[PDB]
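A look at one PDB structure holding gabapentin.
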Amino acid sequence: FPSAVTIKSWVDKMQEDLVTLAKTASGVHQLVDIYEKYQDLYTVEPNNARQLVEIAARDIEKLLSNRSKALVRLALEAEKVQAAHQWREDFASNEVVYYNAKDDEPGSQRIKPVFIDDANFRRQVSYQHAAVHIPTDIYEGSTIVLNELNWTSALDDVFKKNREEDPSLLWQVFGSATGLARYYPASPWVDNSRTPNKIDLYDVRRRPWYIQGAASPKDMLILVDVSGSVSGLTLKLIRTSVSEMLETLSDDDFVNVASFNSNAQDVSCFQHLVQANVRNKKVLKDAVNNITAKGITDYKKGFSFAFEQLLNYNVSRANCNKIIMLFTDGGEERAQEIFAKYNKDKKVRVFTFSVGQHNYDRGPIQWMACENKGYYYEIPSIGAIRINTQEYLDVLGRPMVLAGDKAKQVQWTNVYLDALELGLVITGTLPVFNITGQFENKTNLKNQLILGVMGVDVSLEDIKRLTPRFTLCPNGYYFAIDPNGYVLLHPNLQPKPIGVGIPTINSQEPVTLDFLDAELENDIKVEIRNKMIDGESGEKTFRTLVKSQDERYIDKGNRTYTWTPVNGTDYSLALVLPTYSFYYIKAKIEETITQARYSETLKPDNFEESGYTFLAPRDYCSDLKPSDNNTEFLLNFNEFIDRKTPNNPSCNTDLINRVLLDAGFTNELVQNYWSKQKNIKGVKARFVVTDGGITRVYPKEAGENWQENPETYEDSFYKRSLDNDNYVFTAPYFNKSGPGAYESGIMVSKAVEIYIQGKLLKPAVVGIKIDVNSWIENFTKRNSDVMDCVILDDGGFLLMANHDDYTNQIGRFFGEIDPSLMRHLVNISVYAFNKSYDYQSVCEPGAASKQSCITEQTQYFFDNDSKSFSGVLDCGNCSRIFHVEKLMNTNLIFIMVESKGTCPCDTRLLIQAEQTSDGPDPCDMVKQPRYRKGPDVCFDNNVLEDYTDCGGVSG
Ligand SMILES: *[C@@H]1O[C@H](CO)[C@@H](O)[C@H](O)[C@H]1NC(C)=O
Ligand SMILES: *[C@@H]1O[C@H](CO)[C@@H](O)[C@H](O)[C@H]1NC(C)=O
Ligand SMILES: NCC1(CC(=O)O)CCCCC1
Ligand SMILES: [Ca+2]
Ligand code: NA
């Protein structure tokens, strides 16, 4: 084995050759000189984080206030119209005229719309009437529905006025308590190719934006009868009913499921109330779908357990509605002592359900439902499950109605996918009360229930339009959260459902992504989250690990967080801004000739002498649309520049001027430096990616192999080389599909830095692609049999070797071609690994299309800053020798080891690719939960409530 001095000399020579080639071919110094030469076509402007955060929060507050005004006006008009309405049953003679969706009878006339095409809504809509959706099980000929249409036909004028006030208005909707939902503008309902599995089961009374406004958060505890007398069809009905009941809960509600058969016990691992999010609800459903019926019944022990679990106060709760929902069939036990012991003051409601078809006594069940301020329900078949499990929100809404005026508060819901194919939206909510005979105080019996719920939608793209990012760098961004910790805005939130567990095969759920799951978790992150949840203002500068856009690299970077609360609402907004992005360049190019030249630069027929130009698809104009092809997008851009005046009445001037300035600088670089040395031996392509959104590859034929995102803010190598302070080598993918490795080369990148007035700016990155053949020629200058020589980057991705068998698989993770060496050096502190979870992932349904899944990812990086390593790879029965050695000014390492053949010891390979996992364990996250702050306004237990109408004594 050669000594360490010769190894150091070899590594020094290789580093010198590689770094010299990259530096001379790229042109970092030339680009920096070109940037600094003018200093008169642009101006440096600061990015004051606090002012930007305050302005964005103010804009968001103003938008939400506008939506709240619209909701209040709609609710007032609806209440006033419903108050003065005459009941009638003569709909045969006089008909109600309305347009119905999901179509194509006496008393109803239908309307044929025009359905023009609109750009905001991604479908065809009409602005002359409001569509009406009536669920399948609701017959549109009944007198209740006819009266509903008759008195709701007055909302169209206020809808039109609302849309005239703010043309950017999205869907407006009134969901009635009778089942029908009237929305504006008119548009046909949804259908998917009329497949047999495309039945419309939509019911507005079950939508979360309706439930969150129909009542207040609760502390439900589902008590399930699992005695022997319930086995059969009724047990299956009970399981389905419990699942449907759990489907009505949200994040603000807390729930647990218990069972009793001569003994009361929990149904799962929780043992107490849990926040009832997607994971906990999935656990509860899976636990309740595995219960068996046996033993005698004992209501006293079960109710004692249910009351005991509601008096904990040692855990996180809601303290707003303690309700016990019993699911049973029948019995003869009333258990007066338990109710007189645990609630003399009727502080806990008891709802009772009799499930199945049987001949058991239902008297004591109704007595339990009527004594406590509860209700009694019957579920004899699967058909009644949908309706007879969402009716408890009428009982829970009586105190809110009795409170009345002080309960008219606009609430905003979670982020969810619109059912009419609009993306990610949030819905405002305001209930409407029934005030007929209010000035005479006559009935006050049917006035304890709400007419319905009104809603208005705001798209997340409207939120993103209020937080511009192109004055920042590719590493700075906004993000906002709600007091539950979930994310309202983030670059890592995608229009996909949240995955739960491993998908096993034989828009209903919300998109709830926590802040600590959209990024890498850290103690400072936890402190910042807890501090901004409580509506504080702060700023914190620290150092943290950042994952690359392509989930294979992790780099250490300095970050700064600045968070303020959004006034009026309950959201908090932050702004992550790296230290080198406190200043930006604005273009002061106000002159015809220079702009004309910089625009002529982009002509597609100049690519011979200007490289293969790309262009980021940005909103440069209102009339310009991102074409997603970039071959005609640049043509449209050139046409607009050629014909439209540079005044830009409807277009940003800053973005256009920035693009022109970057085009001029990049063309100067290409024409003055790259074009001189046309052919370089080891270089296959020379590229440059700028901040304004222009990327260039000099050999026009090399552009066809440039498979990079035209949006320079989405290029992983751009961000990676901005974070690092040296040359960055990017490893090609293993095989995928398409040219690579030998065809393309190896990408080396370096960011340019300028000090124009003592201020650090990084406005571009450049680099080259290296031919594999010449690199191998200079590496051997072997296919040996007793010595292995490999080169890896920070990440363990093989870039070159000497066996000519490793070099065929270039870019593959080194832990799959030589497991023992990688495992050994992963604990010599030369490599460190981070494991994280991704929830918005799709996996092939395994051997239990695609389904949502959770994928665990692992990334590797250099742990200890030591330039040399040594030791012996004693695997047992042999002893290999290795001299791992890093390279300077580069993220590469050089390894020389004994051949694998000499040691028969074979170990298991370790994989860096994502693994379809099922964790983390939910039974542990509830013992030490995160920090949350629930709502304070709670409406319950009003003494004027009648509650004389239970479900038993009336029949
Ligand atoms: C709210 O509405 C008013 C009137 O249309 C408008 O001036 C204001 O700009 C709107 N809010 C925002 C954030 O645009
Ligand atoms: C509002 O209350 C009155 C009086 O009890 C009742 O007749 C009417 O049906 C209620 N409104 C609706 C839409 O049910
Ligand atoms: N946002 C509410 C919708 C879909 C939903 O209920 O999620 C129904 C009414 C009209 C707009 C769409
Ligand atoms: Ca029983
Ligand atoms: Na909320």
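The numbers used for chain A are those of the PDB entry, and the residues that appear cover 29-132, 141-542, 555-829, 845-911, 972-1078, in sequence. In what follows, every heavy atom counts, from backbone to side chain, and hydrogens, waters and symmetry copies are set aside. Cropped entry; intra-crop contacts only. Going by what the header records, the deposited coordinates were determined by electron microscopy, 3.1 Å. Each ligand, and each atom within it, is numbered from 1 in the order the structure gives.
The ligands or chains attributed to gabapentin are ligand 3. Among all chains, the one with more heavy-atom contacts to gabapentin than any other is, according to UniProt, Voltage-dependent calcium channel subunit alpha-2/delta-1. According to the entry, no covalent attachment of gabapentin to a chain is modeled. Lab note: binding site of gabapentin, heavy atoms under 4.0 Å, is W207, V209, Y219, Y238, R243, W245, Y452, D454, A455, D493.
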